Protein chains: 2
Amino acid sequence: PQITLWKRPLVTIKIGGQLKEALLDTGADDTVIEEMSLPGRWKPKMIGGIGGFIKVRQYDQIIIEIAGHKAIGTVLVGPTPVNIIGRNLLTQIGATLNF
Amino acid sequence: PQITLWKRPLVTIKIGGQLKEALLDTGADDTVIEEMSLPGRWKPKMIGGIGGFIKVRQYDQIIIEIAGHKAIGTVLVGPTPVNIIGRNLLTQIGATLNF
Ligand SMILES: CC(C)(C)NC(=O)[C@@H]1C[C@@H]2CCCC[C@@H]2CN1C[C@@H](O)[C@H](Cc1ccccc1)NC(=O)[C@H](CC(N)=O)NC(=O)c1ccc2ccccc2n1
Ligand SMILES: [Cl-]
Ligand SMILES: [Cl-]
Ligand SMILES: [Cl-]
Ligand SMILES: [Cl-]
Ligand code: NA
Ligand code: NA
Ligand code: NA
């Protein structure tokens, strides 16, 4: 599938067995998910955006499904306003920007 | 043209007669450029993202070139750490997300 950008590119994801909505974000290096209970070991990290940095929990090797595609990689969990799928997982699902 | 996402999707832009580098950002609603003198009328705005809000100057109807593509639209000028091309201009240059 090919998405225009007239609306936010929101898709369904599954993480921790839960369905959620998230933004496909080519401008994000990392994947940041809103506060949730997620099993697995983690470590503290800061991540930055406009407005400055926030403290998150970094979980490595998390299995996530993104619009039906399975990916495994690092997921950051913390007080983001919007769930973001960034380039570390967009590359694993084969997403590209075309134009 | 197809851009893979193993690295940040940075392109060259021309704005105000000056060349700059900017990120093609499907997760951004708006286009945000670092502090610069830009001629024209503007009005203040606040925009938000991962670390909170920043104040910007909103300029409408700015002529901009993005990776060789002309566009005319709203540019926000303020203390972003990275120049961002968001969906208001990605739709004009014909970008789509393919996965
Ligand atoms: C630019 C504006 C119009 C404000 N839009 C947004 O910021 C919306 C806000 C939405 C709701 C909150 C959750 C994020 C989403 C997506 N974003 C866009 C989104 O694409 C945003 C754009 C951006 C890129 C670079 C630097 C700053 C801002 N990316 C990000 O917020 C990601 C998050 C991350 N760590 O992966 N930041 C970066 O990948 C990133 C890269 C380089 C940096 C250098 C110094 C300082 C900060 C840096 N942040
Ligand atoms: Cl780390
Ligand atoms: Cl299944
Ligand atoms: Cl200047
Ligand atoms: Cl002027
Ligand atoms: Na789906
Ligand atoms: Na106007
Ligand atoms: Na794909």
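Quick note on labels: first sequence line is chain A, next is B, and so on, each numbered from 1. These numbers come from the heavy atoms of this one structure, side chains and all, not from hydrogens, waters or symmetry mates. Heads up, header says this was done by X-ray crystallography, 1.2 Å. Both counts, for ligands and for their atoms, begin at 1 and track the order of listing.
The drug candidate or drug found at ligand 1 is named saquinavir.
The chain forming the most contacts with saquinavir in this entry appears in the PDB entry as Protease. In contact with saquinavir at heavy-atom distances under 4.0 Å, by letter: A, B.
Here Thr26(B) has no heavy atoms under 4.0 Å from saquinavir, in either its backbone or its side chain. Within the listing of saquinavir, atoms 27 (C), 31 (O), 47 (C) sit less than 4.0 angstrom from a heavy atom of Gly49(A). Polar contact check, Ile50(A) against saquinavir: no nitrogen or oxygen pair lies under 3.5 Å apart.
Below 4.0 Å from some heavy atom of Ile84(A) lie the following atoms of saquinavir, by number and element: 13 (C), 14 (C). At a heavy-atom distance under 4.0 Å, atoms from both the backbone and the side chain of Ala28(A) approach saquinavir. For atom 19 (C) of saquinavir, the nearest protein heavy atom (residue, atom name, distance) is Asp25(A) OD2, 3.0 Å. With a 4.0 Å cut-off on non-hydrogen atoms, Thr80(A) touches saquinavir through its side chain and not its backbone.
Counting heavy atoms within 4.0 Å, the binding site of saquinavir comprises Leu23(A), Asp25(A), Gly27(A), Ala28(A), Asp29(A), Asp30(A), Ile47(A), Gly48(A), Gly49(A), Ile50(A), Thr80(A), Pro81(A), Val82(A), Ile84(A), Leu23(B), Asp25(B), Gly27(B), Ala28(B), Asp30(B), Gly48(B), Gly49(B), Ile50(B), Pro81(B), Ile84(B).
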